[PDB]
> 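Quick one: the structure is below, questions incoming.
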Amino acid sequence: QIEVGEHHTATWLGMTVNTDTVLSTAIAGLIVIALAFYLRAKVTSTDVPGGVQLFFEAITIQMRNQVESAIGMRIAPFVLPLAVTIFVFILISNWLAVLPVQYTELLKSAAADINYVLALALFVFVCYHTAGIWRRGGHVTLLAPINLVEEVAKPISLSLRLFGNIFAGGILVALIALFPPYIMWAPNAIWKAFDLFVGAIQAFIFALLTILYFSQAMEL
Amino acid sequence: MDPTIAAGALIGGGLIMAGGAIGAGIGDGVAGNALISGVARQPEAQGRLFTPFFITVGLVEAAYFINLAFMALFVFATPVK
Amino acid sequence: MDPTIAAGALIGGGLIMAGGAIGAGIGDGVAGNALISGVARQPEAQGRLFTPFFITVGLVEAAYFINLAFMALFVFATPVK
Amino acid sequence: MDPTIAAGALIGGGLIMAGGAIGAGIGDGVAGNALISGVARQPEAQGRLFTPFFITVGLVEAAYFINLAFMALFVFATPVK
Amino acid sequence: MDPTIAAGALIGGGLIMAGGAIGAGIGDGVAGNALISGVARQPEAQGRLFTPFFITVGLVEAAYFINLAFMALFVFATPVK
Amino acid sequence: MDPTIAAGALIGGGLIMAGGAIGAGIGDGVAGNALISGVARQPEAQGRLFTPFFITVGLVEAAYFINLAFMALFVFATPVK
Amino acid sequence: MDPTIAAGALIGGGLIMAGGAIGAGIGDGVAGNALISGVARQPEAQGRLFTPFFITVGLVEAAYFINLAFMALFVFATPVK
Amino acid sequence: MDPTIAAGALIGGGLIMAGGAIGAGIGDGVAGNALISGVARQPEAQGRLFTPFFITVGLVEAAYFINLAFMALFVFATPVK
Amino acid sequence: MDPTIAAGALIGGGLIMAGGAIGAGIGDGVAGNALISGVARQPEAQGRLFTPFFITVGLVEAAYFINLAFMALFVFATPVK
Amino acid sequence: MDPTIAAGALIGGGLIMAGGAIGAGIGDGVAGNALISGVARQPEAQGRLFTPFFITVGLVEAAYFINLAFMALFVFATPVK
Ligand SMILES: COc1cc([C@](O)(CCN(C)C)[C@@H](c2cc3cc(Br)ccc3nc2OC)c2cccc(OC)c2F)cc(OC)n1
Ligand SMILES: COc1cc([C@](O)(CCN(C)C)[C@@H](c2cc3cc(Br)ccc3nc2OC)c2cccc(OC)c2F)cc(OC)n1
Ligand SMILES: COc1cc([C@](O)(CCN(C)C)[C@@H](c2cc3cc(Br)ccc3nc2OC)c2cccc(OC)c2F)cc(OC)n1
Ligand SMILES: COc1cc([C@](O)(CCN(C)C)[C@@H](c2cc3cc(Br)ccc3nc2OC)c2cccc(OC)c2F)cc(OC)n1
Ligand SMILES: COc1cc([C@](O)(CCN(C)C)[C@@H](c2cc3cc(Br)ccc3nc2OC)c2cccc(OC)c2F)cc(OC)n1
Ligand SMILES: COc1cc([C@](O)(CCN(C)C)[C@@H](c2cc3cc(Br)ccc3nc2OC)c2cccc(OC)c2F)cc(OC)n1
Ligand SMILES: COc1cc([C@](O)(CCN(C)C)[C@@H](c2cc3cc(Br)ccc3nc2OC)c2cccc(OC)c2F)cc(OC)n1
């Protein structure tokens, strides 16, 4: 029968660590850096770009438009590279879940575990806090408590929306398994189709909220 | 005995998925109602209207799929016994 | 005592499809509202107005079908039993 | 005993038809609102405004009929038993 | 005790008429809000707005009437007894 | 013995009048909003707008009054004993 | 015997006041949005706008007051016993 | 026994405060939307608009405060005991 | 026996915070809609629009905080005991 | 015994999360409906519209996550036990 997301684990420094999540996030990272080397070797300028270059440049200028609309690029240029990895590292991190492995499968996405999204969201938090302190050291003072929550609810909602939006898939891939295999394919098909849309939209909103939260941090 | 907690887990998990579907479904309506109308006002604005649409959906659907996560914590992994 | 979790599964599954049909019925209503308005405005935009329509409806139906799948999990495969 | 399941179907089956009607009754209202205004703005549009209108009402009425069926399945089949 | 079924019919039948009244009540308002506006904008069109109005009210009142039928099946028949 | 039926009658009647006042209050509000907006735009229109207004308030108030009659039927005159 | 009927009276009275306050609090909020909007667009209209307004609120408040009376009847008079 | 009446009264007070909260919140939101819109469109209007705004808020808020009062009368001074 | 009063207080807190969040969230949404529309229509208004906005959000939030206070007054310092 | 409080925390917490998802998923939509429309009319305004947007969403999301905190407190840390 169905069970919640348990893990295989190993102890590396007194603390136990999940064997997958760390495996599938490494599989995502190596493919990302493999595309980075392959593009950097293939890179064009006077000649016509190939598929990987016209893809990654479309993402970099989409991020450039967003960051330069939000803040002057003279002030905060580093939020662009930080934003495109947050898009593409997360994008691949969801896409690999489309290929069939199950029989219980280890190959759940990196965001189907809360630790991954907590590390990313907490990193984004300390980064934008360092951005705020770097510029010097809301829109109404009397809202301090909400502006108090904002600093918790930004990383907590970032992590929780990324977790929930992907953890549901990690459950539904098991749910349709309970139906007869000779009829289970069609709902499995539809859901696999929708998986890409939610994975992409989720990577998109996390990157955009990262930019827009950074914009709000480094104000004045 | 356990069966009263397990009945409470099914009723209480059911509420989390009921309020989820109402909030998301209506949200992606009131947001989509502003997209379609936009693409009816300037039939060539669609391209950019996806940038604020998928932002609003990403905020709305979050309130549903965070509910769905916690519903699995209610239904399969009941924090109380 | 199986009947107590049985009744809990039925009330939970009932709530899941109550919230599902409200989210679906009102989301498609508010989306088709904008569809009819935009087709009354620019009758030639109909062919285009379906692509922002069948997205929202599409999205909305996700939050109905997922409730219909979880209703089947509560009712035909009750998790704790 | 078994009665505790019986009412569990009558209550849960009621909930399925409660959220069903709030889904249809509001949906057909908010879709119907956009047809009456359209026709109120140009009477010659009543010919073409039925093409989007009955689509939406189609989707909407599905979300009802499915709950209707499921109510019968609750009241005349009592699955969890 | 068998009287729990009766209580399940009264509570459950109560939901089938609670959801129906929210279906008709608002569904007819959101629909009439258009007719009162169409007759404000264009008085001589009052003759033709009654077709879109009685289609949309006809669909919305069907959700109430059907519900009222099943509520009578719940309370005067009690299928599961 | 009577008490579970008596509690079920009171809770069932409570649901019927809860849903009744929601259907009534919001439908009258949304109909009255178009009435006030028509009288805002056109002072000469008031006599024509009252027709559409009282048609829609009729269709609304019927649904509240029928709920009030069924709550009275549940609470004073329980059909199941 | 009697205390469980006392419960049904308190919960049923609570439902009646919950639905009354939702129907009324939103009703006035919607009918009032037309008054505020009309007086923004036309300061000169404030004299006429109070007649259609106070009709609508009246009808709305009737749904609150009738529910307030039936809650008092449930909790103080307790009909079934 | 009295504790069952205690739970009934507590759930009754919860329902009364819950429906009160929904009413007051959404009514203030909708009436406030028209106030913010009137002050956007007509920069001088804020003086006149506070009469329609505090009339409509005055009604809405009443439907809250009344539920608050009645809630205390339910929990501190349980009418049935 | 306290456990019944405990469950009553827990479901009462559940209702109070469910209603307060529906009210506050939708009130803040509907007030925020007018604020963004005002800033997108008259950008020169952006200084003044915070005034009406934080009046209306002030009223909408008050409805939350009170509830949040009283839910703690049910859950940690239960009135009935 | 304790299992009645346990179930009381799951149903109480389930309500908190249902109301949080309805309030927030709709708010984030009703606010977003502004944003999209703004960008559909004056794309040049996109950069400024995110300022009043994330103020309103900043309020709305807080009403979700405060509800998530109180549901978590109810279910993991049942205060009265
Ligand atoms: C007592 O049960 C009914 C049901 C129904 C309907 O469900 C409509 C309900 N609404 C009006 C609230 C209806 C229906 C189902 C649909 C299903 C999909 Br999927 C798509 C479009 C649909 N459109 C529909 O009609 C608009 C329907 C169903 C079955 C047989 C039917 O033939 C008699 C039939 F008409 C009507 C009815 O009238 C007495 N009684
Ligand atoms: C008896 O249960 C149904 C269900 C359904 C649907 O769920 C839609 C319900 N709405 C119309 C009220 C439907 C569906 C699922 C989706 C899922 C994702 Br993820 C994205 C888009 C989706 N779009 C969909 O259609 C718009 C669907 C589902 C399964 C098989 C299907 O093939 C028969 C099928 F059509 C229709 C139906 O008709 C009687 N009965
Ligand atoms: C029993 O208590 C009622 C009920 C009803 C109705 O069910 C509607 C309730 N609404 C007004 C709130 C009504 C009805 C059913 C419909 C069915 C479809 Br399918 C389509 C349109 C329909 N339209 C309808 O009315 C516009 C109806 C029903 C039966 C016999 C009837 O004739 C004696 C009759 F009128 C009216 C009423 O009047 C005081 N009392
Ligand atoms: C019994 O408690 C009431 C009820 C009622 C009403 O139900 C209205 C309730 N709403 C305003 C909250 C009312 C009514 C019934 C309708 C029936 C249909 Br079929 C169509 C339109 C209807 N419109 C109505 O009002 C315009 C009504 C009822 C009975 C006798 C009546 O005459 C003595 C009478 F007026 C009023 C009341 O006092 C204010 N107390
Ligand atoms: C005791 O608790 C209240 C109640 C009330 C009211 O119920 C209004 C409730 N809403 C504003 C929250 C009030 C009322 C009843 C109505 C009845 C119909 Br039939 C039509 C219009 C009505 N309009 C009303 O107010 C505009 C009312 C109550 C009793 C006697 C009355 O004198 C006849 C009376 F007017 C007011 C209040 O203090 C402000 N405290
Ligand atoms: C855990 O309890 C909270 C509460 C709150 C607020 O209620 C905001 C709630 N929504 C925005 C999510 C906040 C608040 C209370 C109000 C009271 C009135 Br009467 C009028 C306007 C009010 N506006 C407010 O902010 C919009 C608040 C509350 C208490 C003390 C406070 O100290 C001053 C305080 F600021 C925030 C929070 O973050 C964890 N936790
Ligand atoms: C104790 O919990 C509260 C309550 C309240 C209010 O109930 C407002 C509730 N809303 C904001 C959700 C408030 C109130 C009652 C009303 C009564 C009628 Br009949 C008509 C208009 C009314 N309007 C009101 O506010 C404009 C109120 C209450 C008591 C004394 C008061 O002082 C005279 C008082 F102002 C405010 C509050 O602030 C900490 N705490």
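Just so it is clear: chains get the letters A, B, ... in the order the sequence lines come, proteins before strands, and each one is counted from 1. Numbering of ligands and ligand atoms starts at 1, following listing order. FYI, side chains are in, hydrogens and waters are out, and symmetry mates aren't considered; it's all heavy atoms of this structure.
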> In this deposited structure, which macromolecule lies in greatest contact with ligand 2, as labelled in the PDB entry?
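Its main partner is ATP synthase subunit c.
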> Tell me the name of the drug molecule at ligand 2.
TBAJ-587
> Which other chains have a heavy atom under 4.0 Å from TBAJ-587 (ligand 2)?
A, C, D
> I need the residues around TBAJ-587 (ligand 2) for my notes - heavy atoms within 4.0 Å, please.
A:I190, C:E61, C:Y64, C:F65, C:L68, D:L59, D:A62, D:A63, D:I66
> Can you name the other ligands or ions lying under 4.0 Å from TBAJ-587 (ligand 2)?
ligand 1 (TBAJ-587)
> Just wondering, how does the entry name chain A?
ATP synthase subunit a
> Quick check: what organism does the entry name for chain C?
Mycobacterium tuberculosis
